Asker: 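Hey, got a structure here with triclosan, can you help?
Chain letters run A, B, ... following the sequence lines, proteins first and then strands; every chain starts at 1. Atoms within a ligand are numbered from 1 in the order they appear, just like the ligands themselves. Just so it is clear, the values below take in all heavy atoms, side chains as well, and ignore hydrogens, waters and symmetry mates.
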Amino acid sequence: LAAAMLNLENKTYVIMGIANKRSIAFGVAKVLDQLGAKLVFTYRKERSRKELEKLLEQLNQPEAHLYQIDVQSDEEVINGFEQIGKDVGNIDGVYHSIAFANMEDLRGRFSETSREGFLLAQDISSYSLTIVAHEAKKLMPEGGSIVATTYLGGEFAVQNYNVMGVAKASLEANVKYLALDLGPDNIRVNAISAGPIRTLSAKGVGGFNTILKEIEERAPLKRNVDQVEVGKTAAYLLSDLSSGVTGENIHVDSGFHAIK
Amino acid sequence: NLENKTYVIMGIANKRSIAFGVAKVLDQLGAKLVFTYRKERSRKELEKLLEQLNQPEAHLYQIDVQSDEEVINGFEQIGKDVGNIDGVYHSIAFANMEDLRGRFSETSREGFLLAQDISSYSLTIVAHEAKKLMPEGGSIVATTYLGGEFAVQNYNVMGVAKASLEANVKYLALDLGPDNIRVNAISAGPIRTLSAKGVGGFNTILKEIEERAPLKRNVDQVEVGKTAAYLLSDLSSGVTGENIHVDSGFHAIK
Amino acid sequence: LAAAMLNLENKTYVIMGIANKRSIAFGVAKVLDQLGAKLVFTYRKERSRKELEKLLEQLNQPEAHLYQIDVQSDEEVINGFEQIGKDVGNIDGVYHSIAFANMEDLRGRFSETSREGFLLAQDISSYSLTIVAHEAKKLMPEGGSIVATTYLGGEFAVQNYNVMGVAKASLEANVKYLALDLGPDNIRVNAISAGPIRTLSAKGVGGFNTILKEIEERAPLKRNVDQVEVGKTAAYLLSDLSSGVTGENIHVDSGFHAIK
Amino acid sequence: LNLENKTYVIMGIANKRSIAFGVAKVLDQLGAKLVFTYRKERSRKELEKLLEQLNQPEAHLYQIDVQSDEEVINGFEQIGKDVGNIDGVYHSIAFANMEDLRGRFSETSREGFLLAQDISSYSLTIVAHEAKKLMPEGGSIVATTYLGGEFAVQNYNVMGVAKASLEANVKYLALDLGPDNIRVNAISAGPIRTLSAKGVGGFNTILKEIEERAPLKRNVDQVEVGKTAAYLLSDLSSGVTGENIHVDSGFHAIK
Ligand SMILES: NC(=O)c1ccc[n+]([C@@H]2O[C@H](COP(=O)([O-])OP(=O)(O)OC[C@H]3O[C@@H](n4cnc5c(N)ncnc54)[C@H](OP(=O)(O)O)[C@@H]3O)[C@@H](O)[C@H]2O)c1
Ligand SMILES: NC(=O)c1ccc[n+]([C@@H]2O[C@H](COP(=O)([O-])OP(=O)(O)OC[C@H]3O[C@@H](n4cnc5c(N)ncnc54)[C@H](OP(=O)(O)O)[C@@H]3O)[C@@H](O)[C@H]2O)c1
Ligand SMILES: NC(=O)c1ccc[n+]([C@@H]2O[C@H](COP(=O)([O-])OP(=O)(O)OC[C@H]3O[C@@H](n4cnc5c(N)ncnc54)[C@H](OP(=O)(O)O)[C@@H]3O)[C@@H](O)[C@H]2O)c1
Ligand SMILES: NC(=O)c1ccc[n+]([C@@H]2O[C@H](COP(=O)([O-])OP(=O)(O)OC[C@H]3O[C@@H](n4cnc5c(N)ncnc54)[C@H](OP(=O)(O)O)[C@@H]3O)[C@@H](O)[C@H]2O)c1
Ligand SMILES: Oc1cc(Cl)ccc1Oc1ccc(Cl)cc1Cl
Ligand SMILES: Oc1cc(Cl)ccc1Oc1ccc(Cl)cc1Cl
Ligand SMILES: Oc1cc(Cl)ccc1Oc1ccc(Cl)cc1Cl
Ligand SMILES: Oc1cc(Cl)ccc1Oc1ccc(Cl)cc1Cl
């Protein structure tokens with residue numbers, strides 16, 4: 001009004017990991033756009049470029065700056081972020097919403113996990129944050145905010161989660177280490193731990209429907225969450241409201257983290 | 001982010017009170033505020049301190065959280081005077097000087113229980129009474145410290161009272177989440193306040209944050225009030241039982 | 001058969017909180033008794049004095065030394081421990097297995113808890129470690145080890161547990177503060193976080209039967225724990241085998257803590 | 001109690017001051033038969049001399065580089081064939097490139113990150129798989145971690161992320177393998193002067209901090225870790241699994 005203490009209006013954020021309209025990264029987009037932020041979107045699959053194009057109705061007026069980045073490729077993220085920088089100039093944060101593991105590994109007994117599948121999960125689900133934070137920083141000379149999305153399975157052993165649990169525990173340590181390293185550069189680093197939400201990747205998690213229902217009967221709030229509730233915490237964490245907050249993990253999960 | 005909401009802020013002593021940073025932040029965001037204080041002789045710092053933008057009173061009620069009557073009658077009166085409410089900010093704690101000074105194993109039964117009473121149980125009754133004024137739901141926030149999670153040098157009995165308060169929060173959040181009332185804590189980094197004088201070696205704890213916290217700077221009262229505004233508002237829709245550390249990232253290191 | 005790594009065998013341990021033979025503290029006594037230790041027992045109630053005398057076979061010779069101590073009274077625990085010292089000389093540790101809350105409270109909606117109810121639970125389940133630790137330390141000139149008994153309800157908001165949940169978060173912080181304080185005195189202080197066991201006190205917990213069957217179905221080891229399992233970890237903590245362990249909380253719970 | 005008739009595979013001995021050597025000493029004294037594994041020829045030759053000690057052969061020294069599926073599978077089959085089936089594994093293996101640990105976390109190379117995970121974290125997963133084949137009635141697996149897996153500690157970097165991963169590996173393994181009556185647990189050891197420790201920047205300051213700030217006001221040694229390991233490896237820790245015990249003078253529990 002200005003209740004720009006948010007300060008996020010006419011600042012630019014990069015949102016990585018929109019697949020389709022149920023993507024967590026999409027509820028983030030929706031909430032930042034509404035608050036006046038300029039947005040740059042990166043994707044891996046050509047199908048996700050098409051959904052982005054159709055999705056950007058909504059309020060951003062170019063492009064909304066659609067770049068192709070596979071986090072497995074050092075080259076693609078170095079050169080993707082260099083190009084963002086040349087095309088829109090400097091950046092104020094990044095929302096990271098990228099994970100992957102093989103369906104077979106997740107199914108599927110943990111002690112049987114292959115080396116390639118263990119390491120693939122760490123590659124895409126954890127390390128990607130680290131090169132991404134490194135390349136993005138370059139476009140952030142007076143600081144900024146990076147936010148990654150995690151699951152309670154990085155903190156506790158959860159039934160069908162297997163190798164992804166381990167990849168999230170690793171993501172979560174990566175966040176604190178990036179926070180200590182990038183803090184003197186006025187960069188904040190944080191995670192949202194989201195409750196379960198029906199998305200494209202979610203149907204690769206076994207017993208997914210049973211866990212929805214557990215939150216419903218068991219979480220403090222006796223409901224589950226949606227993408228725009230994550231988006232609203234992303235907005236806090238990306239804004240100046242979270243000024244004093246780094247290395248932290250915010251559960252947007254109806255309070256399930258706090259119970260039994 | 002907006003006006004139209006009424007929040008009760010408990011625990012302003014003066015201009016450096018954490019609950020004053022909260023006040024300021026909520027006032028700028030357009031909230032109507034209600035203020036509690038402990039003793040009738042300091043009603044007058046307080047009205048004087050409250051310029052600021054609130055237009056009456058701003059609704060000042062005397063509540064010593066040790067009395068069951070005073071919390072009940074107090075909130076009763078608040079609902080009568082201003083109607084019903086959106087949230088509460090809790091920023092009260094106390095322990096005896098001689099307890100915190102003071103080897104922990106030497107603590108007395110009554111000084112132990114006094115810290116528990118004032119720093120912990122008060123969130124319980126206040127949440128019960130405040131709920132009566134929150135028929136669509138709302139948000140309750142309490143202020144805690146790192147010494148509730150970890151044994152910290154001269155914190156002693158308050159350390160145990162804060163871990164009490166932190167478990168207090170989680171349980172209230174379970175009990176009250178069906179009523180649509182969310183309950184969260186903010187673990188604040190060290191801030192120079194009137195009550196800070198009771199914490200031994202305070203210079204050394206601030207210098208430690210500068211040298212060691214990710215941010216390499218101490219936090220302020222308004223920084224707390226900003227995370228409080230997130231917590232109190234709809235911004236934090238799915239969050240309850242949580243403890244947001246507003247402390248330059250110190251909770252996360254070594 | 002030296003251990004003698006354990007270093008338990010001609011040593012005196014005060015055991016507080018035996019009601020009958022299914023008391024978690026009785027699991028402790030049978031295990032230290034087996035390991036060669038001298039034992040001192042404290043009771044509150046009369047009913048436990050007759051319970052204790054009969055129960056005290058086993059292979060402990062005198063009384064073995066039974067003191068009435070009600071942890072609500074400063075005098076009882078100062079004089080109690082002062083008597084233990086006159087009668088047996090100095091001591092090597094304390095097993096603390098004492099807690100109480102009004103059943104009306106745990107019943108029970110947490111926000112409705114009375115102030116007397118809440119402070120009662122704190123006094124007995126939490127403050128009691130602090131004077132006991134203080135009074136016993138006067139019999140441990142050379143150092144020593146003190147263990148209290150906790151529950152997952154101290155870390156997570158659990159359905160029928162309420163004010164006791166809050167009293168166990170407090171106890172656990174009490175163990176950490178006492179470790180920091182008493183460490184330079186070479187007194188280690190630690191907690192065991194026990195899973196559910198059918199004891200006389202377990203009556204006070206609504207739906208105990210249900211939290212029994214959940215451990216068995218969900219806990220890594222797919223089974224419940226018994227009192228001698230807690231006992232063995234208590235031997236471990238009381239012994240020199242845990243020589244470098246202080247302020248710690250060990251979960252004897254089949255792995256329940258580590259999941260979901 | 002606390003005895004013989006048990007057989008433990010101990011992995012990660014380099015020299016007289018390897019943490020796992022402290023574990024070996026403690027177990028050796030408690031009557032166990034010890035099988036040892038090593039990567040470098042250098043370490044085998046340190047093992048042979050260290051074996052004086054009580055163990056009467058070999059003790060059963062096996063070359064196993066946890067980087068090859070093939071060597072951990074073939075090594076454990078051979079351990080099977082040579083000493084029969086087993087009662088537990090003590091795992092003390094970790095690696096990171098020195099450049100990394102120096103060395104600003106945000107600059108970490110992809111390949112340095114995945115190397116830390118491969119050797120420091122995944123190794124427990126396959127070790128557990130192959131070990132389990134020699135433990136038809138159950139047993140106990142212990143891995144060695146460090147507070148830096150829980151908190152961003154100064155020069156620790158890529159190794160802290162690999163221990164965070166390790167620490168989760170233990171919990172998920174515990175859940176998977178607990179029906180099979182196998183317990184899995186970690187010991188979070190305080191800082192101790194070992195071959196690999198001198199790869200950690202400012203170790204010497206991270207030593208003296210424990211002595212001034214830890215409840216106990218001293219650091220620990222390899223044998224204190226071996227006494228906890230002895231607890232975890234034996235039935236004395238019967239109901240305990242997916243747990244992390246800090247043998248660190250209480251450091252984990254303060255400020
Ligand atoms: N939904 C839930 O309950 C659930 C529960 C808890 C925590 N989380 C966390 O939420 C985050 C986002 O997932 P979502 O549920 O919103 O699913 P989503 O719609 O399926 O999208 C996941 C995104 O990951 C991207 N991605 C995968 N590998 C990539 C690579 N190598 N390079 C670049 N992008 C890659 C995918 O890109 P392409 O489509 O272009 O391949 C996709 O856009 C995940 O990190 C998840 O781990 C979600
Ligand atoms: N300063 C910090 O470093 C610090 C940092 C970390 C987290 N925490 C937590 O933040 C909270 C607020 O403290 P502060 O530092 O902002 O100090 P503060 O300005 O001195 O405020 C403390 C408030 O507690 C009130 N209070 C004490 N006993 C009471 C009782 N029986 N009934 C009603 N009110 C009572 C005091 O009222 P009167 O003065 O009017 O009597 C005072 O207004 C406390 O909960 C504290 O434990 C504070
Ligand atoms: N049983 C379990 O499932 C269980 C499980 C997980 C964690 N925990 C924790 O385990 C601990 C041990 O209880 P338990 O289950 O073994 O039950 P128990 O056999 O009922 O023993 C409880 C002991 O508390 C004593 N006590 C209560 N108030 C006292 C006082 N004011 N002064 C002296 N002694 C007092 C009782 O003595 P009198 O009968 O003579 O009054 C009794 O000896 C409790 O602290 C509990 O909080 C318990
Ligand atoms: N010392 C400390 O204070 C420090 C303390 C905090 C926690 N921990 C944890 O302690 C554990 C044991 O280390 P330590 O300090 O005792 O070090 P150490 O004596 O240097 O032993 C490290 C061991 O790791 C083995 N290793 C490395 N890469 C391997 C590979 N690819 N395959 C098989 N073995 C491999 C080494 O074998 P080769 O020599 O044959 O190459 C060596 O025996 C580590 O996991 C560490 O992370 C130690
Ligand atoms: O589960 C996933 C699996 C993959 Cl391969 C990729 C993304 C995923 O996202 C999630 C979906 C549902 C829940 Cl409960 C947790 C997470 Cl991390
Ligand atoms: O310390 C206090 C002591 C009392 Cl008797 C009352 C309030 C207090 O408030 C604080 C001030 C500074 C820090 Cl570091 C932590 C806290 Cl809980
Ligand atoms: O629950 C209790 C309640 C009271 Cl009034 C006294 C002792 C208790 O002891 C217990 C018994 C069972 C479980 Cl599951 C947990 C605990 Cl702490
Ligand atoms: O530091 C290490 C570095 C490497 Cl590459 C391998 C093993 C190590 O072992 C340690 C030694 C000291 C401390 Cl404090 C922590 C750890 Cl994990």
Asker: Point out every copy of triclosan in the model.
Answerer: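 It's found at ligands 5, 6, 7 and 8.
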Asker: I keep wondering which chain grabs triclosan (ligand 8) the most here. What name does UniProt give it?
Answerer: Enoyl-[acyl-carrier-protein] reductase [NADPH] FabI
Asker: Heavy atoms under 4.0 Å from triclosan (ligand 8): which other chains do they belong to?
Answerer: D
Asker: Find all residues with any heavy atom less than 4.0 Å from an atom of triclosan (ligand 8).
Answerer: D:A94, D:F95, D:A96, D:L101, D:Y146, D:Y156, D:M159, D:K163, D:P191, D:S196, D:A197, D:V200, D:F203, D:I206
Asker: Report the organism recorded for chain D in the deposit.
Answerer: Staphylococcus aureus
Asker: Enumerate residues in chain D that UniProt marks as binding NADP(+) and that sit less than 4.0 Å from triclosan (ligand 8) by heavy atoms.
Answerer: D:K163, D:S196
Asker: If you take the residues UniProt annotates as binding substrate in chain D, which of them have a heavy atom under 4.0 Å from triclosan (ligand 8)?
Answerer: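 Those UniProt residues with a heavy atom under the cut-off: D:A96.
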Asker: Which atoms from triclosan (ligand 8) have a heavy atom of D:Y146 less than 4.0 Å away?
Answerer: 14 (Cl), 15 (C)
Asker: Output the list of atoms in triclosan (ligand 8) that are nearer than 4.0 Å to some heavy atom of D:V200, sorted by atom number.
Answerer: 1 (O), 2 (C), 12 (C)
Asker: Nearest protein heavy atom to atom 17 (Cl) of triclosan (ligand 8), by residue and atom, and its distance?
Answerer: D:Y156 OH, 2.5 Å
Asker: Just to confirm my output: which protein heavy-atom neighbour is closest to atom 11 (C) of triclosan (ligand 8), and how far is it?
Answerer: D:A197 CA, 3.6 Å
Asker: Which of the atoms of triclosan (ligand 8) are close to D:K163, meaning less than 4.0 Å from one of its heavy atoms?
Answerer: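 Those atoms are 17 (Cl).
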Asker: Starting from atom 7 (C) of triclosan (ligand 8), which protein heavy atom do you reach first, and at what distance in Å?
Answerer: D:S196 CB, 3.3 Å
